[PDB]
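Opening remarks: the structure here includes carfilzomib (bound form).
Note on naming: letters A, B, ... go to the chains in the order of the sequence lines (proteins, then strands), and numbering restarts at 1 for each one. Order of listing sets the numbers, starting from 1, for every ligand and every atom in it. Contacts here are counted within a displayed part of the entry, not across the full deposit.
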Amino acid sequence: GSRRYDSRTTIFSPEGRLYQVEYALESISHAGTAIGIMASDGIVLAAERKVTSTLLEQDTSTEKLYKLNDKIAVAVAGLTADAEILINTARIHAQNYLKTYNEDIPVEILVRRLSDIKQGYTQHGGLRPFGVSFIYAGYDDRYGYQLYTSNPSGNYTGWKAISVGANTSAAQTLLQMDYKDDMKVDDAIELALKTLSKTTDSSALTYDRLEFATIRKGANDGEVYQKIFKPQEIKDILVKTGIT
Amino acid sequence: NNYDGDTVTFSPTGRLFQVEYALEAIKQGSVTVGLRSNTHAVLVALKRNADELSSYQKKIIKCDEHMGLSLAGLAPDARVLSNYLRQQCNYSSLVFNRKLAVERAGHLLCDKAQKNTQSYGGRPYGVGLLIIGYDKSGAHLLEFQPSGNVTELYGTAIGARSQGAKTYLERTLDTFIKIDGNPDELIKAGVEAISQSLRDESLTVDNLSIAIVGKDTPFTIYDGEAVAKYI
Amino acid sequence: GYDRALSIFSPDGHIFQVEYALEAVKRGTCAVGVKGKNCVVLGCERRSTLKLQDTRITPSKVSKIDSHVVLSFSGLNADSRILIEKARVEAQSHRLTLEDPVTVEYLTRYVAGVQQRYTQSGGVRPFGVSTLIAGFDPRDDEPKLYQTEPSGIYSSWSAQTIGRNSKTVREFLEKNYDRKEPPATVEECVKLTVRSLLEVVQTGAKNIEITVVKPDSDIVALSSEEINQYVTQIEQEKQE
Amino acid sequence: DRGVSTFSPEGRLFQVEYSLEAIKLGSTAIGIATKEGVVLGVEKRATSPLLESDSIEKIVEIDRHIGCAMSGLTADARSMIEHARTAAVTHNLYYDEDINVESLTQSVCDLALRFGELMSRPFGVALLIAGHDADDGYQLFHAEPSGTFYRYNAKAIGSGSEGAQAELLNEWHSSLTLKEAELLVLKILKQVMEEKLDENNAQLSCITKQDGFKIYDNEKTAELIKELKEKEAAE
Amino acid sequence: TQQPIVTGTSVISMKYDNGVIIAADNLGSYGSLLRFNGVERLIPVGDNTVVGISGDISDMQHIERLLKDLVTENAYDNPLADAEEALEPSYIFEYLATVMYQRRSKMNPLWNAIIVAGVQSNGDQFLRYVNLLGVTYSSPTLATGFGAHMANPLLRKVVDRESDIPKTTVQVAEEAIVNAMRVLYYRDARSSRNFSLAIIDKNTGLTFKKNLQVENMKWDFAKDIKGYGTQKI
Amino acid sequence: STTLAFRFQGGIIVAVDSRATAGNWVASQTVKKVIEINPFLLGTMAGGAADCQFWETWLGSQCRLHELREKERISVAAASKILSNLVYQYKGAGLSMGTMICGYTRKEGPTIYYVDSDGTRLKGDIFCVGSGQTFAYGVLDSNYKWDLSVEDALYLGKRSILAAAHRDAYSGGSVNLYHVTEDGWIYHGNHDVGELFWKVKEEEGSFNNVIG
Amino acid sequence: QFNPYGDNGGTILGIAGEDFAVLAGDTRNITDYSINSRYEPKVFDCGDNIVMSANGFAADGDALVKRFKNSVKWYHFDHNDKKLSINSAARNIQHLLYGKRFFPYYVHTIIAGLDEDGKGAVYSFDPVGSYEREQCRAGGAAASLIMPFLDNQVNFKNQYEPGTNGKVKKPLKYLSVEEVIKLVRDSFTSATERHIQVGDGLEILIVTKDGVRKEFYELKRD
Amino acid sequence: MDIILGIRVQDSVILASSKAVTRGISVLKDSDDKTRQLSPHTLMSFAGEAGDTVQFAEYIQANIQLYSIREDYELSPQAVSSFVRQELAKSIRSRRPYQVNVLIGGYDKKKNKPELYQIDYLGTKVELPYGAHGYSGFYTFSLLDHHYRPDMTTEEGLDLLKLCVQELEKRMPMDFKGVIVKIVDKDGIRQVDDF
Ligand SMILES: *[C@@](C)(CO)[C@](*)(O)[C@H](CC(C)C)NC(=O)[C@H](Cc1ccccc1)NC(=O)[C@H](CC(C)C)NC(=O)[C@H](CCc1ccccc1)NC(=O)CN1CCOCC1
């Protein structure tokens, strides 16, 4: 019968590893680097677009940074099409929570549910896992500013600063070197860009090959604002830090 | 070789190896004999034990007041098939107030075993059955094989060294067929038949298993001291 | 639905998928459970290759199933969440129908039954997780400590460890733990737990987590400084 | 790979034959049937000295008149016991009577072959089912994952089974008393066990018409162990 | 839940020494309208059974198709289909009785009253009743609808108990049936003059008589009846 | 029917009548309205006979399965709640049951739970259930004290059923008595109203409304 | 609207002795004011020395008897030809009846036979499965006529010892099979006189350790 | 089930619930607590159809307790009340709706404010300074309109509540056997034993 052609996506190796999860992580390691840095008064999300073409429409494009609700955003690393499936699910989950409790969803709860969906694909159903790693950047009134990451295994962890995708080994060393706890958003913005600038496989880091976003309490009095940076705004912030 | 992974695969010479491997399980099973006259039908079964401390595996199962079988091979499969026969016999009684014909009993078993040999996932039954019965057309004896093939016979035998008893019955055909209105003599002929399949072991009191059905005899099984008469 | 039998027997009589799930547990960070005279203590390793972590929000290794029972584990982190969730639901369901919280044995038996079900169900792989379940039965002061594993077997332990280098720490506990006289106080039990982890861990900074459970729903997690005091005390006594 | 319900060329189900190898790795369990009762005994086999041996439950009650011992992948037995208990109680509900030991065993064995591509694999555990009823009296059954069950006067299953069975062959007779059977299980267990037999690493039980199924205390078994050693030294 | 539309009236029957007789008129009523006049309500099954049906005709036609299909199914893989393993009246009845009760139990009945008349293989007379409710009973005389009220009293004067059956000949029995049909024509407003009659004998077999008519009727006395009490013209 | 059970110093008394009716037709005078679930649990029956009889014997099977699985006798609270959760699933379907789960355990002590077919479950010290519950209440409440002796409590339970058996047309036959202690339930006999009424009338001097 | 129930009339009666038990029932079957059959038996031998009758709506009666008979058959298959005891049969019938709790069998069921001590046993059931063992029970159309007579003559109710000032009751004792059949016959002749649905014939099934014997008696046919 | 009241004051929420359980012409119990603690600082009283009331209350209780364990965090009274409303809003269009009316009294620890929510069986939620279900409201609302002030103390609230119970005991047809009073504040939930 059909048994002959079954890859058996949800099994253990003799060493106790999940083949497909490991190979999905190998896939993600070739994806454009994405960095999240959490400051005391906000969060920065920076991501490198995958080898851009000059005829690509840059201003009306979304590849790396997506908005889940007004308080939570994600940086993507891996298959975009896979990520969008998960993003729509996450968006719906946040609205279900709001409809049920009349309160915005706590960041961890949203992250856990999305990570639980990934877990399911590694344990049952016989389907391939989602080849996606997320960096969740968000705010709620319990824990304040939070950074998380999830990967195809369905395992998630919290971070002060973290990178996913390509050159994470080199990127994490640089973040671990210059990061400190009393950091501001404007400093974190500079760190994020400096790290990408050194870990990039490109010749030089330019505005057209980047996506950038901040989550500050920079709005008027006790409320959070999400800023998905425009091309010109990235061009300005790149000059302001002295990279170009 | 490459064509025995499942029942859904034909070999290049047109064989179904899984069905043949199921047939092999019957050959390993303990010998059982079936034979009939015009008035009665008799099952004789050599029961097998694990060791001296164990009981002897029961080979004969009753299906209705007028029908029953003996098994050789996987006993749980015989239980499934006998249970199916019990239901079909019972359906015939409740719905039509009619005792199920032994021939239809065979047709129903054939079709049930066949479905397992044409579909992916399932497996063939690993047991052979000898069905006896007395219906509106007199006494009957059937031989069921898990390939689906059901055959009506005067006498037969299945299991290990069944060729000895089968040769004997082929010689004795003209004698035992005319044992009418005499149960004990028809059993004696069956006991002498199964004796031709014995090696080193002989028929003891808790080893032998006999069953009979006929004109004025409901399907009944004899074990223990009730078969001491025939040793 | 996906039906494939993934967990199956091999010629030598082994179910490799269950045994490979044990290897995943062996890879996982070390977890230890030690029960005293009036308490149980659950110690857990946290690997120090991860700096720039946020320990406020990062999932804790020890999880409360109910107000009186806790569960730690070793192995796949994602798999553990599924077991913990199921256990928490069963805890509330038990209170609803029996009008009484679960016993630690009952909760363990349930979790172990779930793990077993995944070893002979079609289309699923076993949980790559072994758990240590500890607590106190309702209106009872006898400490309970149980262990489960992917196969589904479960049993009670005076003290036990699971995860990577668990055979080293089990060796330590086997000679240091006295059945006739268990740790009489909370301090003694925590110290023995920290000592046992110090055989394996590396540094006693933000690598060791300790959680103490006492009778009548009295559970508390120790902070860094509190744990560091045990680490400082043990090392000074060692130099002798 | 290959199908789960596949026949070998010799005419056996691969998975059933492989599950039998798993049972050989399991801890020893012995049962002896007498006219005064049936005795069930098991090797506990604690993997480590820290493990509390009294939590090792390898002997189990199905009903007041039916008991059960296990050997092999013991986790697999939980759903088998659950079925047996429900079958026993359900029959009492439908018929206002105790259920026959054979019928109970048959009900359990019906689960055995309900696997394929139902559960994904056979059970990796063998059961010794001991009990009493008014019709056939004291009985001992050996229920395998093949779906087959034999009645036994005495039976050993597990790692030391072939050695213990040969010993039970010589020692068993139809006039054994309950006390004689208790000692015989302990004697044979001590022979085939790796570690030295005592009240903590071995457990006894029995089923009698009068008192029903009872698991013995560690105090009661300890005295039988002491009684056993004295009798062997006495000649 | 149904309501009968096109209906058939009484079916009457009795046992005699060597077999059974059954009769039913050829009408298909549509309420008070005597709509259809060529309706055969006696349906033979083999050469040894006749099923007489009253009530809803659409359901009668459904039952016909079942019986027809039953004969076909019985012949499959059956070398003795025209001998030892032929359909018996008792088999045919029990099948119908099963269906009738199953349908009433699903609250969707076959709106009929059925009488299965025949002769068994051993020569015994078979005569048994079943209706929309699945209720079954047997008697030396059986009748449905108005037949139960008017025919049975007349037929019971001939065969009042079991011991009267051997004493009753086919001539006497048929005479009583034909008389009963006349009485029903006098008194049942949904009856017709034309009818069918069937005799199943253990010796002479199945004799199916079509296009019979009620005759030798008494109407002459009607001319003397004037008014409703006091009128003399 | 009329059934009662009350809690007191010396445990629990349980008393029931034995009549069964189909309208005004007295169908039986010898019905067992107390179910013996186990040596420490009792269940009383009022309402639809089959509904009570079927589901309370079913309850006993569930209680047995509990002590097999948990190696421990089921609590009175858990036992009652199995029954109440069951009848709640059938709410609206037309079950007619007025039951009382009476028993003793170590953790609870003597306990009584009223459970009925519309899903009501109440813990309490005194309950009377059935068509003649009000007649039983009248005698029971007016004579009840916590400090009754085992002898007096048994009689009050018996006398309260008798009171109802007399006035309520749909109660009678005989009185079945039970006493539940820390050691389990103890049966205290079947008492036919035919003899009991006159015995009570003469000895007590009550029932002066009746022609002596 | 379609009404799935009907009343086929008739009445049944069960009495238990010391080492025997009888289950009687009239052979008349009716609907409204018409007689369907003068001899339609409704007391059946179900095997294992158990006789059964399900009086009321005959279709439901036959369905139940049919199912119980089948239950006895499968009890033999599943439990090594073990004899079904009368108490076990009773409980099994409760589950048959209560299985259709929300669409009941409209019948009063009575079974009779011997208990496991060899003593006479009669069990009676309501339509939805409540059952009770008794020495005495009438069921069906004329149950209200026959039952009080049985209370008086079988269980000696309201009968006191002469000259004892209504203080000593008439002592209970088992009746002989001869005395029981006298009471059955008189019960049915009385019921026939005053109930229109009862008559034609009386069929009694007597159960002893030796087996199941039958007796038939004529009743008035008006 | 009949009388359930609620009064929100300056620093607490006070719930009063009748003790009587009546079927037919018999008061079966006179000490019934018609409430469940959903969380340490959230209490729900209930009244309505027999069986439904408790079954619904305990079902909500189990869900809130499950949440508390999962997140190691107490839901706000507003969040709990929204969850309860939605369950009843689902229920009303079910095959067999829960016929249960509830009052949710809670103390929000983040806002440091007491909160009283009235929700009927249809899923109709309102936040109120004082609330009631059933026929009680027809007397108590007008009484509270007059005597209630927003800045009252817990003691003043209890006297205001006594004034309601007295009026109900005077003019209500049925004997409801007094009330069980509970207070919800910053320190959690506690019962007034002498009322
Ligand atoms: C007091 C005496 C009254 O409530 C007690 O409560 C007893 C309780 C004991 C028996 C456990 N209650 C009854 O006796 C109870 C009263 C009752 C009846 C019906 C519904 C609710 C309450 N009686 C019964 O249940 C009787 C018991 C029989 C007589 C032994 N049964 C019937 O009335 C049966 C079953 C009715 C039924 C209920 C639910 C669904 C379907 C049917 N009814 C019949 O037998 C019908 N009837 C009998 C007379 O002949 C014509 C048909």
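Counting repeats, the structure shows carfilzomib (bound form) at ligand 1.
Most heavy-atom contacts to carfilzomib (bound form) in this structure come from the chain listed in UniProt as Proteasome subunit beta type-5. Other chains in heavy-atom range of carfilzomib (bound form) (under 4.0 Å): F, G. The binding site of carfilzomib (bound form) (heavy atoms under 4.0 Å) is made of F:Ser1, F:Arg19, F:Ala20, F:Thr21, F:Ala22, F:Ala27, F:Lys33, F:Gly47, F:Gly48, F:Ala49, F:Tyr170, G:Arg101, G:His108, G:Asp126, G:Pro127, G:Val128, G:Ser130. Bonding summary for carfilzomib (bound form): covalent, to F:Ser1 OG. The PDB entry designates chain G as Proteasome subunit beta type-6. Judged by heavy-atom distance, the UniProt bortezomib-binding residues in chain F that approach carfilzomib (bound form) within 4.0 Å amount to F:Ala49. Per the PDB, the organism of origin for chain F is Saccharomyces cerevisiae (strain ATCC 204508 / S288c).
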